[PDB]
*Asks:* 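Have a look at this one.
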There are 2 protein chains.
Amino acid sequence: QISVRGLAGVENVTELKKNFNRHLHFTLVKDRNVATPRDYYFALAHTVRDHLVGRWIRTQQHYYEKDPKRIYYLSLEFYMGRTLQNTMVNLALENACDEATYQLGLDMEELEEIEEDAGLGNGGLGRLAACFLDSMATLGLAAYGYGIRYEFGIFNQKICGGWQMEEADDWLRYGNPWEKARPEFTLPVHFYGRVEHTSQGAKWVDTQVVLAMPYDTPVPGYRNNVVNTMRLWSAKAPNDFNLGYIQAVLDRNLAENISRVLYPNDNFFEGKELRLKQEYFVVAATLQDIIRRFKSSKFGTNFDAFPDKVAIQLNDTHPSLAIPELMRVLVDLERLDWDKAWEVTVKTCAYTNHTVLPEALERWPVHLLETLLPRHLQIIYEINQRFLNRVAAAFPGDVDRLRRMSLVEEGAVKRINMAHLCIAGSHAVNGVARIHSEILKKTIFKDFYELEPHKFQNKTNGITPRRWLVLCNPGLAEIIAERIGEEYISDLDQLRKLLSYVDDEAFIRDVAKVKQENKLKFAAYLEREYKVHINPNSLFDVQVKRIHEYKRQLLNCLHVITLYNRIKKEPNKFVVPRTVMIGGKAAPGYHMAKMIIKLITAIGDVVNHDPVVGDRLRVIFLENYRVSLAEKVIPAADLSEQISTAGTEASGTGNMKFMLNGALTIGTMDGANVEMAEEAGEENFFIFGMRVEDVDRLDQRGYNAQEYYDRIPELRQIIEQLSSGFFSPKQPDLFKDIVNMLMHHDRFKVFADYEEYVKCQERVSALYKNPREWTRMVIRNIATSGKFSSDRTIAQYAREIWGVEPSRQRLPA
Amino acid sequence: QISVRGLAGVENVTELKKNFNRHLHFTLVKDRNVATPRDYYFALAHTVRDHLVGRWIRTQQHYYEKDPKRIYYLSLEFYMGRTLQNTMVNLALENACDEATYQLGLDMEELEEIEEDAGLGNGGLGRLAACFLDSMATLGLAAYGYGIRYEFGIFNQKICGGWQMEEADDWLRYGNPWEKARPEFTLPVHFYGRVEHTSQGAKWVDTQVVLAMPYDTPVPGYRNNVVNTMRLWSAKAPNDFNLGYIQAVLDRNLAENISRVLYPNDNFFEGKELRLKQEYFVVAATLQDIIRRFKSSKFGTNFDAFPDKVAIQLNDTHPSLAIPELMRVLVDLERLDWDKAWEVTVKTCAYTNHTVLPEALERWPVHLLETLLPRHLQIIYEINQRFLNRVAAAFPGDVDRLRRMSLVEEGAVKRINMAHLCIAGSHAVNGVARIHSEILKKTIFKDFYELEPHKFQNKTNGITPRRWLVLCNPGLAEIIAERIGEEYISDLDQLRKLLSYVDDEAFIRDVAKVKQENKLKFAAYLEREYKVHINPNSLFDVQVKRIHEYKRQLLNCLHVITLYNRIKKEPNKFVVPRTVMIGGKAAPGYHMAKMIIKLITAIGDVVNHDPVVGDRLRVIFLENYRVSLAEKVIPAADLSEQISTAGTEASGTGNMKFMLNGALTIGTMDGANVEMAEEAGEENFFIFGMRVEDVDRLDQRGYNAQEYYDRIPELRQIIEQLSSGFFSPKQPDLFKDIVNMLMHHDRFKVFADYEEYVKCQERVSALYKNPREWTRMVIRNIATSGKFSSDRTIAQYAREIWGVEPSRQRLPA
Ligand SMILES: Cc1cn([C@H]2C[C@H](N=[N+]=[N-])[C@@H](CO)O2)c(=O)[nH]c1=O
Ligand SMILES: Cc1cn([C@H]2C[C@H](N=[N+]=[N-])[C@@H](CO)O2)c(=O)[nH]c1=O
């Protein structure tokens, strides 16, 4: 149907149809008489999968022959979403499959909805890993994603009586056609035991063994015939495990629990033993795999060349145990001396920091490591001692610096600071947006920056334009392609060419038309799938992201209530109609986040059923927000809410997705918002609120929320409404926790940004009254969104950290 | 190479090779450069599997159109072994695959050894189920095997220091290419809860739900294009299970433990709750599936025709809960009155008894059923009351009969006798050999036989000649086929034609040649796989079966020691050389059986290293005895030991396997040995020892083992040797338990059969000295083994129990 979706050649369509029928018969063991839509989905998935394998085998063969430097991206999270449409896009198969399925009497879009999300992440950090894999393959890098194959990913969120309920994400129930089990490459991982000292150094003995079984998933580059690998480890008990008889067999579960479930915490550290086991499990199996591949190379025993052939990227501190594990292997097993091993380790490892929030920093109790990983603790102590000797020599007499920089934190419980370990053992440390990277050097890692300034870098985050434009917004990709061609898909800077169309009446009409169609499609989706009725002529005001105090969904709530109260005060006055959509999951143990969800639904309950309001204001909580839902709501959005307190959101990536898809942004000067505004021009952004410096000034003075309550009558009214039970008639004190927090212990200064936020929202509404000028501003945003492609981000990692050159060159088909 | 293995047509070989290469590439994602023999096995398995699916789909389609009476074979055990070679044989593909793999530079026999046994059974009972499935498909019956897909089958047995060690049978590790998951047909199973009474009868409420997910495995008939289904259920937790968060997800294991492991008890009842859950799990899911299929038929609401369209065969009492579960569904859910429901139940169900040993009988504590299955207990009480009212009316005043026949046993703990439940609720009850069936009517079920004589039948066991001749002994199948053609493979009575070749010098030479080749092949196997050296010119004396006191491996041990002592007494005297092979697993908690294994190895330790013995006597314990090992050792055997105490082995089936493969039998008049001897003529069997009547006479008098010890000097010497530490120098009292048992508490009268056994063994040795006459007797055995085909057995079930006609007619290809 549309150009960007590839050719539907007679030969290809015929070949796809017959292979579809073959899979339905031989693979699914069905005929057309008994097949369900799920069967049809699987026959399609298997057909598309077949096109990958040849490229997959020759890509890996190519790397064996050429022996390039290999990039190992270590992450506990890969938030992949669905794979079917993504694979078709990158293989140029979408129109052909659409045609082949149409001719078989099937709707491909219906079949696509059947695929489960691979929900192996929490949010930003996990989704960045997924975007990174796509970009690395697209840029021809010899890259491998390594992680854990969780049996249960992020929970499915149900809303019951306005409250979040969690249910198990049993994503493997019907099978996963994309993965290939590789039981032949199973590796042992050791836990517990004790350390023994001999003439030949230390020995780790009396350990429990858990097996790590790899599952490989293909990662196709964009139309370049490159197919990289994501390898995910699964925990298996050895066959002599605990070997009365029946119980010993049943106890195998204990070992296999390691890969059972993803910890559903976003930007929060929970010091549980199972989590530590997961972290070591991925690290130990991965490093063995890395070393095996290194020894079995066309190049080489000699570990001097190890950093020339291997880069390990640590996605946050979660795989920080890679550092002492690499030391363990090199010193204890390969018998390298400490200094040489350390040189190799530092030159191999690099660390990416994702947040400055203290509650997210990993600080493991020493007693946990002592029991679980006794040899790693000894190595960490030794790293610490040698590192602090370096600090002492550079800053003689500075005893407080020594305590501040120590990997070992003293106190009630002794802890290991994993961030400090990462900096010490990596040749590069990066933040994820310019402002965040500067905050690292100025505040939390100031001491480390003074010692080793060369180590500190910025790599501003990005998103893949394949998933986040072509796949989810084909209509927009197409109108862009009509004007400037298709090259921008793997070279997003070319979107600048769109600036010369900002006064083009045809283009203005097309941009606005694509948005309306997206909005109609999403409005229909809501009725069909959730039985909720919305006005597609209203401004789609959306905030979608994990529920957090720092992300300030509560500030959004305050604005919504302000609009409601203003309408109630002057009912017959004209207001720009809005659909306010808020979505995201709360971590199960995060009480305040669960209260905020309840608040949003409670506001909806009052606002959506007030006859005086009509269809002028609607508040909807978007249930079970996840990658596949993001692909639907983001193209439909007019307004993107990025309203975190300045200095708290390291980068954000949702912001970039909205910019690419034709939404205007209301936000603070936080994270990547700063660079986005810089790229588009501040005139083309709705920036409000305190800057980082203003927050610091308020902290020194002391934040007093009562002041704002006293001086802003509209804010006072909202607090009285919350307190008195206006939004909870049956349970008048339901929201006392929220009011108390806002009035007395608000770390994120919600009240302090209220006035400017409400005023800025009025400026948004005014612009929306003028469709042509709204759309012209939109064009100015889309046109300057190129910097935020993960292809740019990965090219920067490649050149400035990994020491490898990106390549757009095709491999032969 | 050989005739019976089918055609190797140019078209077929070419087509097999290309499909092999396709699977290696697309299915396994490998090329010839990286593929292991395991990969080659899997590519072959997938290629052969493809040939099944078309036949599988049309067989099931055929049953839907024709709507025949369906047979449901309910078993907790299906001892399937390997599937690859069996599938090739039944599809006439073996030579073609052999040729196709040869041309690809691969040895097919090497690839066949890579397949894991499906070890989902303990021994005789589970293997009978497997033979039955093969025969039912071969006879064109619309039959379904229903069971549990255990994650761990029967343990792998390792021998360490002469002791049995158990390790987990992780048979699914590398995947199972034969099964197809059917998550779309998942069904709920209920546990616990309570019973509520309403105006509309009883209601079972507040239950825990476990999901039952079916996996279908194809069962091909012999060259008739029929492919039936074995459906095995797997336990899955529902997604809201226990739904802090992490623990709730981890606790899903509790539910899924139901299908985790096979209870490794052979002929022994262990009253564990998990076992009861397994029994109800298979029954509840199966019956829902049965009823669903019944309602969705071309015929029919009206349950009057239910027994016309459905037969349920209960393999032992393990699925006995089918009876009250069917009542529950019909009464509580379908709202049929009790009397009608009961009529339907009785006419639907039939029960096969497998043993008379009291320790094997299932007697469940009432308190277990009360908690787990409260509604089923109420139904059982009601069945009991109505049944005992019938007994009271037929035998007025006979109060002891009432207590003897009650389904409820009184005592310390109240128990339900599941055998009594089965008889009451089935229209047919059968034993598994003529002598066993007579013992049922005369002893343990005498009262029930007096009440309902019409219910009691015999169905003598059988084995499939496909697996147990063609597959494991192609050399013998071929020389037979040269003389009499190939029709005997699905009509084993035709082997009688071989009687006219008993004086044929060519045939005599060929029979003896096939045995020698088998013996050489097995002797080589032992060296390669276990590094043990044996003389292939010796008589292969083999006893393979589960380790039990009743099977009297100990009597065999006594004979072995007698031979050793006789050699030591007169070293320079000639004795017929023997390799004595004993193999089988002991249940992990069965101490005496584990001691017997230790004894066998201990004897081997002394005998195998005595220079005076030389290669005249060898004692070998065959490790990890299982179906695949049976297929190797049985064709190599000269002497088959079937030496259970008369009246204890209900049938046996190993006996029949040895008879079919050219071994002579030494045995008691027990189980099917009686019918085997009757078929071949007693002159052509080595029968010894007490008959059932002699055992009873000894029981009345009182068995005194001391008497035999006093009067048999050779027996006395063996006991002194055991006691004094002759076979355990480091641990002189190691075998005190065994001696004490033999002397004081021997339920199985080992000493009482010693003299006759030893004398009979001398007659065996004498015959073996005359090769021509040994082989002529062998021919007389093979030639009369036809009755013991499971095709005969199943034809008898079909006609006399299920009310269906067998068919040899081909379905179209
Ligand atoms: C599970 C979870 C809890 N919390 C709770 C833990 C802290 N309890 N205290 N004190 C509180 C403040 O960080 O928030 C959070 O912030 N994020 C989370 O993800
Ligand atoms: C596990 C197992 C134990 N036993 C033990 C249980 C009994 N213990 N007592 N008394 C003993 C005699 O039946 O054998 C058995 O016979 N067969 C088995 O399979």
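The first sequence line is chain A, the next is chain B, and the lettering continues from there. In order, the residues displayed for chain A correspond to 12-254, 261-317, 324-836 in the PDB entry numbering, which applies throughout. The PDB entry numbering applies to chain B: residues 12-254, 261-317, 324-836, in that order. Every number for a ligand or one of its atoms is a count from 1 in the order of the listing. The way this entry was determined, per its header, is X-ray crystallography, 2.1 Å. All heavy atoms count here, side chains included; hydrogens, waters and symmetry mates do not.
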*Asks:* Give the name, as used in UniProt, of the chain with the most heavy-atom contacts to ligand 1.
*Replies:*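 Most heavy-atom pairs under 4.5 Å are with Glycogen phosphorylase, muscle form.
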*Asks:* Choose one of bromfenac, penciclovir, zidovudine for the molecule at ligand 1.
*Replies:*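 That would be zidovudine.
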*Asks:* What other chains contribute a heavy atom less than 4.0 Å from an atom of zidovudine (ligand 1)?
*Replies:*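 Going by non-hydrogen atoms, A.
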*Asks:* Does atom 1 (C) of zidovudine (ligand 1) have a protein non-hydrogen atom under 4.0 Å from it?
*Replies:*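 Yes; the ligand atom in question has protein heavy-atom contact below 4.0 Å.
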*Asks:* Just jot down the zidovudine (ligand 1) atoms closer than 4.0 angstrom to any heavy atom of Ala610(A), in number order.
*Replies:*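 By the 4.0 Å cutoff, the relevant atoms are 1 (C), 19 (O).
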*Asks:* Does atom 16 (O) of zidovudine (ligand 1) have a protein heavy-atom neighbour under 4.0 Å away?
*Replies:*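 Under the 4.0 Å cut-off, atom 16 (O) of zidovudine (ligand 1) does have protein heavy-atom neighbours.
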*Asks:* Looking at the deposited structure, to which atom of which residue is there a covalent bond from zidovudine (ligand 1)?
*Replies:*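 Covalent partner: none.
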*Asks:* In the protein, which heavy atom is nearest to atom 14 (O) of zidovudine (ligand 1), and how far is it?
*Replies:*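 Answer for atom 14 (O) of zidovudine (ligand 1): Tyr613(A) CE2, 4.1 Å.
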*Asks:* Does the protein place a non-hydrogen atom closer than 4.0 angstrom to atom 10 (N) of zidovudine (ligand 1)?
*Replies:*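 So atom 10 (N) of zidovudine (ligand 1) lacks protein heavy-atom neighbours under 4.0 Å.
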*Asks:* Evaluate the 4.0 Å heavy atom contact test for atom 7 (C) of zidovudine (ligand 1): does a protein atom fall under the cut-off?
*Replies:*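 Neighbour list for atom 7 (C) of zidovudine (ligand 1) is empty of protein heavy atoms (cut-off 4.0 Å).
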*Asks:* Which residues, given by chain and number, touch zidovudine (ligand 1) within 4.0 Å on a heavy-atom basis?
*Replies:*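 Using heavy atoms under 4.0 Å, it comprises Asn282(A), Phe285(A), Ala610(A), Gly612(A), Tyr613(A).
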